[PDB]
Amino acid sequence: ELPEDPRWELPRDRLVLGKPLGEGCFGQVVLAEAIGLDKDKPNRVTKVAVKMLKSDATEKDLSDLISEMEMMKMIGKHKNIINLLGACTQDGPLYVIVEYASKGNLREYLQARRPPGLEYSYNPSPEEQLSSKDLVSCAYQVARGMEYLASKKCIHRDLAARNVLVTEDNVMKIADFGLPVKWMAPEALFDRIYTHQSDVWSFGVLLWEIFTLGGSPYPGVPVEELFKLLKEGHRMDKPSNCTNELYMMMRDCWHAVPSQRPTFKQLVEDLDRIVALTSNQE
Ligand SMILES: */C=C\C(=O)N1CC[C@H](n2nc(C#Cc3cc(OC)cc(OC)c3)c3c(N)ncnc32)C1
């Protein structure tokens, strides 16, 4: 009994469900083909992803899934977020249709492009390596995504490389912006205060994830201790490949006083200059 929205509705018959993209996980998300998403090209098929409830679902799981859709509707369309493409609401179980990212999440994507011969950080797949310009480009893109969300007054609350998806064209797309401790600003850990500024903290941890080609942060640090260490001014060490400039950016993102962290506007501008001066040669 969900209200019809003709801005977004797709007839179930124009949707062909393929294989699950999930690896036995949250909700369900399957690959599909959508017939005539564009009303001006109704004979073209488009590869899409489809989120639906599992068999074992509750009336809170459905309300959560509904909220998510209604929010994506309000936030609007950007290159660097996962966009809503449509929905099947009326004729059976709720389907939410979104953009397909062929290369998976950003952690996986970076891991698979690690040098094979690193004992420190092994390659668990061996895809072509990324230049340092490619890596600064990933960070620029995710920052643009977040600049947009921020401008729509959306606070992500769990920005991380897991929650960034990568397309066939290597386009970074922020996910789950409408629904872990080691990505949370201290004021989020302590006082449960979430802001654009606490998102900027998380983006710092995400820069670290990028430049470690998908490392796990604070390696060996127990969660229980984590708060105290940070209060005492503990920060992660620079990654080995990371320039001093980009480490400064991470540290700035990790300012203890929230008001002193840079904005996503500033980070975008800064990553735009950095990308342009960074070489692809290595
Ligand atoms: C349980 C499945 C899972 O965790 N996957 C990770 C990799 C696979 N995968 N998930 C998605 C997605 C999605 C998505 C993103 C949203 O962004 C706001 C909102 C959604 O529902 C309302 C769903 C995905 C995509 N898009 N392409 C490729 N693989 C994907 C399964």
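In this chain, numbering begins with 1 at the start of the sequence shown. Order of listing sets the numbers, starting from 1, for every ligand and every atom in it.
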Could you check which drug is at ligand 1 for me?
TAS-120 (bound form)
(message) I'd love to know the main binding partner of TAS-120 (bound form) in this entry - how is it named in UniProt?
(response) Fibroblast growth factor receptor 1
*Covalent tether of TAS-120 (bound form) (residue, atom, or none)*: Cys25 SG
| said: Using a 4.0 Å cut-off to any heavy atom of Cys25, which atoms of TAS-120 (bound form) qualify? | reply: 1 (C), 2 (C), 3 (C), 4 (O)
Could you list the atoms of TAS-120 (bound form) found under 4.0 angstrom from a heavy atom of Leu165?
11 (C), 12 (C), 24 (C), 25 (C), 26 (N)
Notebook entry, point to check: Do any N/O atoms on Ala101 end up under 3.5 angstrom from N/O atoms on TAS-120 (bound form)?
Noted result: yes
Can you find an N or O of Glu99 that's nearer than 3.5 Å to an N or O of TAS-120 (bound form)?
yes
Q) What are the atoms of TAS-120 (bound form), with element, lying closer than 4.0 Å to any heavy atom of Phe26? A) 1 (C)
(message) Hey, which of the UniProt active-site residues in chain A is closest to TAS-120 (bound form)? Heavy-atom distance to 1 Å would be great too.
(response) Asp158, 11 Å
- Counting contact residues of chain A for TAS-120 (bound form) domain by domain in UniProt, which domain has the most? Protein kinase
Would you check whether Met69 reaches within less than 4.0 Å of TAS-120 (bound form), judged by its heavy atoms? no
Numbering the atoms of TAS-120 (bound form) from 1, which are under 4.0 Å from a heavy atom of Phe177?
18 (C)
Site residues for TAS-120 (bound form), heavy atoms < 4.0 Å
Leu21, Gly22, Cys25, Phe26, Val29, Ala49, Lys51, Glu68, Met72, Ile82, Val96, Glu99, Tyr100, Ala101, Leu165, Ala175, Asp176, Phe177
